[PDB]
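For the single chain, residues carry numbers from 1 onward in sequence order. Values reported hereafter were calculated over all heavy atoms of this structure, with side chains retained and with hydrogens, waters and symmetry mates removed. Note that ligands are numbered from 1 as they come in the structure, with each ligand's atoms numbered from 1 the same way.
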Amino acid sequence: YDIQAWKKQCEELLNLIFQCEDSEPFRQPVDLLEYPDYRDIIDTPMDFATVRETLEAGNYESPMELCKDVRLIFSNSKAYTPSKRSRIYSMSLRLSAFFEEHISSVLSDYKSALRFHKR
Ligand SMILES: O=C(O)c1ccccc1O
């Protein structure tokens with residue numbers, strides 16, 4: 001029932017993601033010189049370094065907020081891809097499955113901690 005435990009759990013999950021080869025296209029903001037039409041399709045760029053920095057700055061109030069930003073990295077890849085069989089989009093799908101399988105317990109534990117506190 002540790003209400004604060006999600007933060008270190010998310011830091012550790014981000015460490016695992018940064019080690020994953022599938023995260024390489026998503027570690028830093030999409031290079032706008034390499035993809036000049038990116039902002040014509042994507043309204044809100046997001047990347048894992050931004051997520052980590054937001055977390056480290058103390059600017060997430062809950063793991064659900066972090067999860068919304070990570071999910072935005074994946075939805076941006078899905079929206080920008082010219083093909084559902086592209087290399088970068090295929091990496092995003094694997095990385096998304098890995099993230100979802102690991103974040104589930106972080107969210108569950110946080111929500112359980114809040115409920116225990118309210119009780
Ligand atoms: O699928 C792609 O080719 C792609 C390229 C740049 C950024 C995100 C992407 O999904």
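The molecule at ligand 1 is the drug salicylic acid. Bound to salicylic acid (ligand 1) with the most contacts here is the chain that the PDB entry lists as PH-interacting protein. Site of salicylic acid (ligand 1) with heavy atoms closer than 4.0 Å: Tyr35, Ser77, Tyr80, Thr81, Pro82, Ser86, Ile88, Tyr89. The dominant UniProt domain at the interface of chain A with salicylic acid (ligand 1) is Bromo 2.
Looking only at protein heavy atoms, the nearest one to atom 1 (O) of salicylic acid (ligand 1) is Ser86 OG, 2.6 Å. In this structure, atom 7 (C) of salicylic acid (ligand 1) lies nearest to the protein heavy atom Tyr80 CD2, 3.6 Å. Geometrically, salicylic acid (ligand 1) and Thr81 share a nitrogen or oxygen pair separated by less than 3.5 Å.
Summary of contacts: the protein heavy atom closest to atom 9 (C) of salicylic acid (ligand 1) is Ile88 CG2, 3.5 Å. Here is the list of salicylic acid (ligand 1) atoms found below 4.0 Å of a heavy atom in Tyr89: 1 (O).
Taking atom 10 (O) of salicylic acid (ligand 1) as the reference point, the nearest protein heavy-atom neighbour is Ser77 OG, 2.8 Å.
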